[PDB]
Every structure is written in structure tokens, then in C-alpha cells.
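Counting begins at 1 with the first residue of the sequence. In each ligand, atom 1 is the first atom listed, and ligand 1 is the first ligand listed. Looks like electron microscopy, 3.7 Å, at least that's what the header says.
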Amino acid sequence: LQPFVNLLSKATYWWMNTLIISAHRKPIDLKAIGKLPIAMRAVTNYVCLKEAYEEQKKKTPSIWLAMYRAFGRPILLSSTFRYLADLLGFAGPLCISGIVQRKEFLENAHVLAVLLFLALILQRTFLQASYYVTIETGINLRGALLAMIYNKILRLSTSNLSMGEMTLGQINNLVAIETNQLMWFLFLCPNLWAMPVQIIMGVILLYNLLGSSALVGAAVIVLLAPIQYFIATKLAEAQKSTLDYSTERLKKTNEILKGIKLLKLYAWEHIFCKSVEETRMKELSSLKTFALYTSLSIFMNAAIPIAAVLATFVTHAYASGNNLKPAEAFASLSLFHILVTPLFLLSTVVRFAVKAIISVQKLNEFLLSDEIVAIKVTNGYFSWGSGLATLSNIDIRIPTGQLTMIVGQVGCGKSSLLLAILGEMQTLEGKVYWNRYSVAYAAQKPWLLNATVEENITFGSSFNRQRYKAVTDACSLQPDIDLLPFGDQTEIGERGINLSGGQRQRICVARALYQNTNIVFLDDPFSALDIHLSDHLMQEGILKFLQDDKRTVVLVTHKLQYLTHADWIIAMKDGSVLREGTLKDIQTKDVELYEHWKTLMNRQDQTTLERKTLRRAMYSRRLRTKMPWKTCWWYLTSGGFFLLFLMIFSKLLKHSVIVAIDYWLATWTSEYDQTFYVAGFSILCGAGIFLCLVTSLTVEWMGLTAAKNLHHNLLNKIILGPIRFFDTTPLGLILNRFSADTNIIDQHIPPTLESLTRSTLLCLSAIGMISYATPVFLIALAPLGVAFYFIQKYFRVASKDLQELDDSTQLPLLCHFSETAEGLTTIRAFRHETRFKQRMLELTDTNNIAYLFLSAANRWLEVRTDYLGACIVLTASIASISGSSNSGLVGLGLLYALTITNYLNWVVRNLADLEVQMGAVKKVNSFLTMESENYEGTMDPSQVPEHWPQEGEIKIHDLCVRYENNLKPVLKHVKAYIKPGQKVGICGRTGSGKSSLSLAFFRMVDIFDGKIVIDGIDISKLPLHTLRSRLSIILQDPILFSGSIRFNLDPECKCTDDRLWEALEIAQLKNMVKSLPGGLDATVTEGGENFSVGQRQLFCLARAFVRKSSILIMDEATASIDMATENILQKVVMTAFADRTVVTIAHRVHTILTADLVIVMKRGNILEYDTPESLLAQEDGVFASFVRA
Ligand SMILES: CCOc1cc(CC(=O)N[C@@H](CC(C)C)c2ccccc2N2CCCCC2)ccc1C(=O)O
Ligand SMILES: Nc1ncnc2c1ncn2[C@@H]1O[C@H](COP(=O)(O)OP(=O)(O)OP(=O)(O)O)[C@@H](O)[C@H]1O
Ligand SMILES: Nc1ncnc2c1ncn2[C@@H]1O[C@H](COP(=O)(O)OP(=O)(O)OP(=O)(O)O)[C@@H](O)[C@H]1O
Ligand SMILES: [Mg+2]
Ligand SMILES: [Mg+2]
């Protein structure tokens, strides 16, 4: 008997109840979820799919055939279940038919009720079994496809001809969209055959029950599918347009957030906010058409059935000598309700099928793509697939266990030489011998995972504290490591703590040196290394650390230095080897080349600067079940009480009119001329259509209004927020507040809310109507209501947890595919292919199990609610037949009871989804409630002179500065009197609050004690906007936002182009802009990458000049600037700003030695404030010490 109960559980999902029930006590952890059965592990599915694919290739290969060969049987089983389920589900109307017309005891009207109950249960259990089988096969297919494309990625080539700039984009698209769409098509595949059969059977049954008259209604409903497909295509068009505008808006917002401090300093936040508001306006303009089409689709879906009913019944009434019977009428109405959904969804199935065909074509295109004495090579010719040997006559030899160096000119091919020796490119002729063992490789372009530093260093190697410390010290990486927030175990790479090129390549070199292997390749590890660091790495790392290990080291470096240490040297030229040998060998054979090295060698602070920027970033650092009804009400009200009332009233009236239509039909059928009834029915149907249209339009209007209001208010509040907000909160979350949350509010909330309200109203109306026909039904209803409440609670909590876990598991998979897509050369050099493949299998298995359990929970909820609906139908039917009432009311009760089962689960599912989305709404609403700054100014703007800062007098009175309240004041008792028309120099030990002093000048940081006085007006006693408007500033790293040169010079557009030209001339940038096309109107890319760093500084100086601040502040402007550019900067500061007041945060003292006066800072203390010449001649203080060095 055990098999019977086992199958029952596998059908009623009894295994899901323990996880779902426990969902309350503990969040659904990955461990809590049992691992995938070996029958469903991604590895096995990949094996089967590869077998099928190779069988196809044995006879150009097509994926579709392989997918069939792999997963046909589950699909056939699913189709069998689906066909049986639909065939049984056609029993509903037939049973209603026979019960209303109430040894062939089937007419007894009692046995038929239990027959209907059992048939409904069997139908729905089979249908859910089919859903689950197709879900499982689809997820298996997704796992197999991901594994297959991952293997392809691992075997991909790196030729620039093949792997273009868009190759990584294509791979991300495949993993994120194409595979998912193919999975969805696999989910929906059974429908593609179960829908047309269902529709045909429905039409045949309609003809049998109601005769040729029902043909009109059949045609009217069949017209639903083309309409749905057309409006769906238009909707997709509008959605693409909205996606384009949304991407533009997101780019603008992201650039704004990054460097927000700069915008606040320039006081330009308002103009950027206005531009983003314009972008949002266009986005909303497109979203309005999207909403129009969505509303049209909903209206058609909810009205075409009414039109079909109207046409059918009017035609039958006017074209039948026999008056309309009740049983036939209600059976036909139930059949229409059965057929509406399949027709409404066949169009979506077709769209998914087309998208899947496109996706499979794209995946096939991807797959059919190109792919690939320690060492000696003889007669080696290699190319990058161009057909022309990029390397020729490769007679290289790599002596075992000895340092080897490769020298050459720019773009000689040494990097290509290493790649070819790795076998990473086609070998036209010649062979390479290994005497393959894995080789430690540090790519010319450094590469890093998204794991922490420890993972990068180990890279899967067993941890050894001794080796880790030794290599870290050898590469001088310990300090910068300590600078990190968590030191080690600190995420780095694209998503983690951003690192400069020097640090990245140092980490890569550390990885290479740590990894235990006999062969090490270092491709110019000194790309951005200072002399001291490079020398330390060479002496301690390259030689000693590997001398002990007796490794074989091949080094590629432009810097001819250190060649003395190298045992063997290689000379290359134009993708060919001039000579190979030691220094003595080259000297003997090629004197000219030997001397040429000395000739070039004889004709010969970034690291410290880099760490300073890194250290600056480090300065800053029960019942999870109840939905947020407060937040949902806040959202609903956001649109406006008028719109909310209109929506509610319209929907209530629509459902009242629909139930009125049904009751009118019942009363009409009561009898057993018809003009009165038909006229009434027609007017009712017209009113219903009108109300459907009105309610759809109203819900969409409410959605649009709410989205616009919420987004606008959020952007205003965030932009008007204090700097600390962005300093603490990671930029990622703030950006996500507009990336996803806004997308959800725009697109998901309105449709989901409309569906939830419609389902709730339909369920309530059905219950009320069956009670009206069957007053005794409520007694049986109440326990069912209790069960419904419990199911609602459990499923809502479980689904929330499962969905969140699914997303958290998915994100690492995309991250890993993106990472492995890059650095393929590095992985293949380490030959860690197996490790990464296993990692991918683990990640995909976890994601698949999460998704599968989410779908299984959905199935469990469906089965429970469906047994509930079956009990409802049984009780309603039995009570009605037993109860004495008019036949029409009996038919109405049976019809509504049968229907209620379709919506009884949609109500709860939409409720859960709306809860999840209200989560995001709460996120946004809470985020926009953050307190703003004291923009109000105590003094009247008129009282403060318009040209207030012209004089340039500044005083400091015992100032104290604190970044945040309750923290130690970085500045204390800071007093300073800066004479107008004076130059002020500031220098001291790093971290002495110089930039803090500048921020205090700009009010950015709180002035807890003391004051800053300019022109006799306290800075605090003034609007911060006014202060920032008429003050200049030159940050250390200038940033320019995407747009024209005019926009950067003056977003306010207040000054004439003559002023801009004069500013660019004085800033020495007039010729630079003139040479570039477009002149003043030339475009600029985001972040100022279009121009050189010195040009960015010139742009900043031009901004200062045009601002006419009368003041000037420089925060180590010369830092990270070319010496000639630094001299130009000094000249322009000295001459152009002669009449202005200059305050400089001197990165280097000698640049500010000429300042009229200097200030010495130390731990928030003004140790010295005099002329720099006097301080040097007075005492040998701190200023004298660092300035002398
Ligand atoms: C994650 C998707 O897992 C499922 C997968 C399925 C498989 C399936 O034949 N769908 C039919 C719906 C049935 C009732 C007609 C369908 C067809 C076309 C468009 C959408 C849809 N449906 C898509 C989801 C359910 C609502 C409309 C069912 C149900 C689920 C589910 O999660 O409940
Ligand atoms: N992966 C690649 N695919 C295609 N062509 C490549 C690839 N790598 C290099 N090349 C081309 O091969 C030639 C030499 O490139 P390579 O990087 O090997 O030279 P190099 O002397 O090491 O240069 P570098 O100054 O960048 O260190 C150039 O034409 C370069 O464009
Ligand atoms: N964002 C911040 N939040 C809180 N405290 C900060 C922040 N930035 C700096 N501090 C504190 O202020 C001290 C000095 O700040 P600041 O960067 O202005 O000084 P500095 O001497 O000009 O430094 P730098 O070397 O960057 O020019 C830091 O040591 C830290 O104590
Ligand atoms: Mg190179
Ligand atoms: Mg500073």
C-alpha cells in the first residue's frame, strides 16, 4: 500500500508541507533546502545534452533535436497529464447541464454532484502534476544549457578578431535572457498543444449544447486571440521605448550620485535634477502609451467574453422556436468562462515560442564560434587567426629553473609570444615542447575575481600563512592591504573595493608567486610600479623567493634594468627574435644591441599618492509575515483620493453589473415575447463593457500618477540630502533605489494590484451570490474560510522567503559567468579549468534548486486551494439540489461555485506578489524621508550684498569641525585671519584636516565650535546655496559629466559665450577646444575620460574663472598632474587669479613656498601661521622638515 500513499504525496506535494510550515520558525536557508536529487543534478543533464548534441553532430547541428532527444519523455508525460486534465475539466459544464435539468441513475442529480466533485479534483490534480513535470524538465534544460555554454566559454579563444568588445555583452545576454526565455518556452510548451485542442473541444461542446447559434459567440471569442497578440506586440514596442528612456535616466542618475559632493560644492545639483526630471518626463510620456496598451488588453480580455455572451444569447433568442432553457444557457456560460483563459493566453504562448526560436538561433550562432630546458620551440610560426603570422621564426628556448627575460619594443609581440607558448593562438607551423604542467601567469592586463583578497592570493591553493605573509611582504602589499576596511577578506574587483592599476597588478603578481608551480610567467608586472616598489619586488620577490623554490621564471619587461640579474635574455623585433642569450652572449655576438640598451638606459610618488586616496575612502568606516498595509495605503493615496475613489467605485460598479447580467440571464431562463428580456440583457452588456473600459483606464491612470509622484519626490529628497548620507550609504543601494524599485513601482504594481482587486471582487461576488441562492452555504463556507486564511498566511511567508533566496542565489551565477568570461587566458594558464567548472556546477545547482522549490511551493498552494474549491463546489451543488429554489438560481450558484476555483488561488498569489512589491514601495518611501540640510538663511538675501564675496576678507574664530555629531572634533580652536588679496598655503602631515578646513569654509562639515567670517558675515548666518554659488573650488580630481563643453563651463547658462571663450583662453584651454570639432559645443563623455587629466584640471580652472567667485580654493590640485601641466597651473594661479584670494592645500610644499603666507596643520591644530620664509628662518619646525625633504 505504501506506493499508493507515496504517489498521493507526490501529487499533493506532501513533502512541501514540512518546509512550508517551518517557514515561520526559520527563514528558508539553502541548507534547510535538501540538495538536488542525483537524477536532477545539472551535471547529469549536461551529460545527456552533450551526448545528444554530439549524436546530432555525427550526421549544422541543431539544438532543438538535442533537447528533444534529452527531455522528450517528461514532455510527453506532461502532455498526457494536460490533455487528461482538460478533458476532465470539460466535465464542469456538462455536470452543470445535467444537475440543472434535474438504470441510468446519472440523472438522479445527486450522484452527478459527487461525480462533478471527483472529476474536478482529478482534473486539477492532473493539471498541477503536468505543471510540475514541465517545470522540472524546463529547469533541467536551463541547467544543461548553462553548463554547455560555460564549457564553450572555457574553450573560447581570445583573438581580437573573434572576441570583440561585444563578446562579453553577448555572453551576459545569453546567460541572463536567452537561456531564461528558452526555459520559459519549455515551461509553456505543453500549452502550445493543450490550448488549441481545448478551444476546439469547447467550440464543439458549445455547438452541441446551444446549436448553430453559438457560432456567433465562438467567432467573437476566437477574435480575442489576434487582438491580444496585436496589443501585446504594441506593448512590447512601448516597453522597449520605455527601457531606452529608463537606461538613459539611470545613466544620468548614476553619474549624478557619483561625485555628488562635487555638485554640492558647485551648487549645480538643481540643474542636474532638472535635467533628470526632463528625462523622467519623457520616460513617463512613453510609459503612458505602455499603460494605454496594457489597459486596452485588460479591457479586451474582460469585455470580449461579455460581447460573445450577448451575441450568443440574442441570436439564440431570435433564432429558436424553443425558448432559452436554463441548463443550456448556464452550461454555455461556464464554457465561455472556461475558454476565455486559453484564448487569452495562446497569444502569449506564441510570443514565447517566437522568442525561443530567436534565442535558440542566437545560442547556436554563439556555440558555432571560434575556439583554441623548461620549454623549447623550433621553427615556430603563430598568428591570431588573421592568416598572417604575427610571430615568425620562433626559435625560443626556456632554460629550466632559471630567470629568463624578454626585451623588445612597444607592440613587439612579447605578450603574443607568451600567449603562443601557452598555446592560446593558432600555430601555423612549428612545435613547442614541455620538459603540459600548469604555469603561473600574470596577464599584462591585471584580472581579479569578486571574492576577497585572500581568495585572489590563494586562487584555490591551500592556505599557508607562511607563504601568504612572505609573498605579501615581497610585493610590499601589506600596507595597502591594511588600508582596506577589513584588510583581507575584503571584496575587490568590479563589485568590491575599487583598486588602482598598480595595486591590481601587485595583487596579480602576488597570486602568481604564491601559486605552487614550476613555471611562472610575469608579463610586465611593473606596468604602473614605482622605482622603489619594483626594486623591492625584484630583489626580494622575483629572485630570492623563487631562488629558494628553484622555479623557472620567464619575465617580460620594457624596463631594461635588472637585466644583470637575469640568467637568460631574449631579444625580439617585429614579431621575431633578433637574438637570445645572456648579457655576455649578446655582448659578444651583438655589440651594437648590447650598447643600445645602455644607450637607452643611460638616456633615462604615485604609490604614496595611491594609498592616500585609498585611506581617504576608509575614513568613514520578529514577525516577518505581516504585509505593510500602511505602506500600501500610502501608495494608493499617493495618486490622489479622487483617483482612488474613482477606481474603487468603478470596479465595484463593474462587478455589480456583471453579476446583474448573470442574474438577469437566470431570471430570463426562469420561464418554461422575449423582447423585454433581450433588450434588458443588451443594455446590461453595454453598461458592463463601458464600466470595464472605465475601470481599466482608471487603474492605469492611478498607477502612472503614483509612479510620477513617488519618483519625483524621491529624487528631490535624495538630492537635497546631506553629504553624510552618500558618505555612509554605498552608492549601489542608492542607485538601486531608482534602478529596480522605481521599475517595480512603474510596471509591476499597477497590473498586480488590478489583478488582485479583480480576483478579490470576483471571489466575494461569487460567494455572496451562491449564498443568495443557497443561504445554508455559509455554514460549510466558514471552515473553508479558516483553511483559506491559514493557507494564505503560510504560502505568503514561504513564497517571500523562497523568492528572496532565489534572487540572492542567482546573482553570484551571473557574477561568475561574467568573471570567467574574462581572464580566460589566466585560467587556462593556471589550468584551473576543472575548479571553475565545478564552481559553476555548484552555483547553477543552487540556483536551480531554489527556483524549483519556489515553483513547487506555488504548486502546493494551487493544489490546496483547489481542494478547497472542490469542497466549495460539492457543498454548493448538494445544498442547491437539496434546497428548494428556482432553477435559474441553481444554475447561477453552480456556475459561480465552479468558477470560484479559478480565482481562489490567484487572489492569494497576487496578494503575495503585491506584498513583495510593497516591500520595495516601503524601501522607497522610507528612503525619501531622510532629513535635509538647513538651506534656510537667517539673514535676508537682500541684506547680504549681491557682490558679497568681492572684498575677499576671511576670518576664523576658534573654529572646530566635526564630520558627524558625537565624534571627536577633527578641528579644534582653529583661528585664522586671511587678509584680502592674499595667497594662503596649507601643508602638514596627511590627515590633519586640511580638506576638512576647506569643507568648513563651504559649510559642508558641521562647525561645532567657533565660526568662519567672510566680509564680516558669518558663513552660518547665510543660505548655504548663496555661499556655494559665489565660491570657487578646485578638487584634487576634477570630474566632468557627460555633455557639451558649455554645459560643463556653466550649466546655469548665465554667462555669454564670450565669457566662456575668455575663460578657456586664460586657462590655456582655448586652443584645445578649438582644435576639437564643435568648439564650445563639442561633446564630453561622463567622468572627463574624453580629455586628459591636465585638461580636466584646466576645465576646472575655467569653471572657477567663469564663476567670478572672487575667492579660490585648491585641494592639492597638482596631485597626479604632469610637471609641465603643474607649471602651467602654477602660472595661471599666479597671474589669472592675481586679484583673487587663493587658499591652497599644498600636496608638496615647494609648489607653495612662494605663497604670501603659509599655515601648518597638525591634528587639527595650527602649529604655524606666518610667511613660509619666516618659519624656515625662525626655527626648524615641521614645515622646515617636510619642506626641506
Ligand atoms: C514560474 C511559472 O511556473 C508556472 C508555469 C506554468 C505552465 C503553464 O502552463 N502556464 C500557463 C497558465 C495556464 C493556466 C494556462 C500560461 C500560458 C501562457 C502564458 C502564461 C501562463 N501562465 C504563466 C504562469 C502562470 C500564470 C500564466 C503554470 C503555472 C506556473 C506557476 O508558477 O504558477
Ligand atoms: N589576443 C590578441 N588577439 C589578436 N591580436 C593580438 C592579440 N594580442 C596581441 N595582438 C596583436 O599582436 C601584435 C603584438 O601584440 P602583443 O600584445 O603580443 O605585443 P607586445 O610587444 O607584447 O605589446 P605590449 O606593448 O602591449 O606589451 C599587435 O598587432 C597586437 O595587436
Ligand atoms: N568622510 C569622513 N567622515 C568622517 N570623518 C572623516 C571623513 N573624512 C575624514 N574624516 C576625519 O578627518 C580627518 C582628516 O580629514 P581630512 O581628509 O579633511 O584631512 P587632511 O589632512 O586634509 O587629509 P588628506 O591627506 O586627505 O588631504 C581624518 O583623519 C578622519 O579622522
Ligand atoms: Mg602586450
Ligand atoms: Mg584631506
Name the macromolecule with the most heavy-atom contacts to ligand 1 in this structure, as UniProt names it.
ATP-binding cassette sub-family C member 9
Could you tell me which of dequalinium, sisomicin, triamcinolone acetonide, repaglinide shows up at ligand 1?
repaglinide
